[PDB]
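Among the contents of this structure: raloxifene.
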Protein chains: 2
Amino acid sequence: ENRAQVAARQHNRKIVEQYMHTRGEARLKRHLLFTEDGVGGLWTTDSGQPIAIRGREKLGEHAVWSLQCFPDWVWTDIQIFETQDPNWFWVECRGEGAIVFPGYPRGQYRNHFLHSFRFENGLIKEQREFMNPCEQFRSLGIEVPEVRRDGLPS
Amino acid sequence: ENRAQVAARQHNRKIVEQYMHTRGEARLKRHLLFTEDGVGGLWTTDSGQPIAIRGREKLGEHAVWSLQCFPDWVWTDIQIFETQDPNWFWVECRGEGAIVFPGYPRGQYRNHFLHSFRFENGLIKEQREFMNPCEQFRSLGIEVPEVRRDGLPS
Ligand SMILES: O=C(c1ccc(OCCN2CCCCC2)cc1)c1c(-c2ccc(O)cc2)sc2cc(O)ccc12
Ligand SMILES: O=C(c1ccc(OCCN2CCCCC2)cc1)c1c(-c2ccc(O)cc2)sc2cc(O)ccc12
């Protein structure tokens, strides 16, 4: 059992590293790192509900959209965390690039991210990214509300 | 080396468990889980800058404010992740409780959280919590902006 777990963790880490380093046109093939029913998405949005992209066909379509709306995106400062579950990794990183959203001015978007990767049979079954949406609001020119801090100790 | 790493990870895990289960008046003593120069705080805020509380004395003072502002806070759905670093843990969980911020109506706040715990010599050197601030805005009656999604594939 231990040999199987160690083997799974070392392979899975290679997939996480490949995912994090996928840039440019190679993003069009990143759905091949997922299971056929694999899910990937953004868990932190304005609405409070995740934007989850389900299955390889939809994952490949999102990649096409992502090459237009995040054309030069890169992950930086990547720190990969293995866990006690050989099939579950976390990654802390930053991301940055142009943001080209329909109906908004072209901007520059930078944020801090956490990613969760869960594996099944050597491929990603579930990828989730978590960030602070206020920074994406700022990149799009959307006003961010401010919590009033006068009564809070500082 | 392996003996020392295994011992560190087992002890540190117990501290993470104790931290996550601390509620009520026991919150007043939770700063004793930190190093004298330990830091804890919220890394995801409206301003984009962390709210970091530095040093055991200030951590103890924030606990007094925390018991006023979040009088019945509970962490739920706790999943603790050990990592390859025996001194670094991540936690995925939910949190809920009344929110009683100065000058806002009393609310009920629920959110999903990620926590990072870094240890030094048996105590927490750095705790950081990450969430979606839009859910805290909702709990305070603050309007959340909406990204227009008409041009995005759905
Ligand atoms: O910026 C995004 C977004 C960014 C990345 C996403 O997923 C990243 C993970 N990735 C998805 C498939 C490929 C591999 C994993 C999802 C939404 C937002 C949106 C989006 C983008 C494209 C699309 O077709 C539908 C909705 S909508 C939105 C609202 C917000 O408040 C914040 C971000 C957003
Ligand atoms: O909700 C918080 C907040 C909550 C928890 C925080 O820290 C958590 C860690 N802390 C130290 C270690 C032990 C546990 C408490 C910090 C800010 C926000 C604020 C706060 C609360 C109390 C205070 O005295 C000063 C500022 S201000 C603010 C603005 C936002 O956009 C979001 C949250 C907030």
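Convention: sequence-line order gives letters A, B, ...; per-chain numbering from 1. Only heavy atoms go into these numbers, but all of them, side chains included; no hydrogens, no water, no symmetry mates. In listed order, ligands and their atoms are each counted from 1. Looking at the header, which is where the method is noted, we find X-ray crystallography, 1.5 Å.
The chain that raloxifene (ligand 1) touches most here appears in the PDB entry under the name Phenazine biosynthesis protein A/B. The other chains with any non-hydrogen atom less than 4.0 Å from raloxifene (ligand 1) are A, B. In this structure, residues within 4.0 Å of raloxifene (ligand 1) (heavy atoms) are A:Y19, A:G40, A:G41, A:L42, A:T45, A:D46, A:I51, A:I53, A:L59, A:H62, A:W65, A:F70, A:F101, A:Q127, A:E129, A:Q136, A:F137, B:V147, B:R149, B:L152, B:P153. Between A:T45 and raloxifene (ligand 1), no N or O atom pair is found at a separation short of 3.5 Å. Each of the following atoms of raloxifene (ligand 1) lies closer than 4.0 Å to a heavy atom of A:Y19: 14 (C), 15 (C).
Considering backbone and side-chain atoms together, B:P153 places an N or O closer than 3.5 Å to an N or O of raloxifene (ligand 1). Heavy-atom proximity to A:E129, at under 4.0 Å, picks out these atoms of raloxifene (ligand 1): 8 (C), 9 (C). The atoms of raloxifene (ligand 1) that sit less than 4.0 Å from any heavy atom of B:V147 are 29 (C), 30 (C), 31 (O). Considering both main-chain and side-chain atoms, A:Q136 comes within under 3.5 Å of raloxifene (ligand 1) through a nitrogen or oxygen pair. Within raloxifene (ligand 1), the atoms closer than 4.0 Å to a non-hydrogen atom of A:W65 are 21 (C), 22 (C), numbered from 1 in the order shown.
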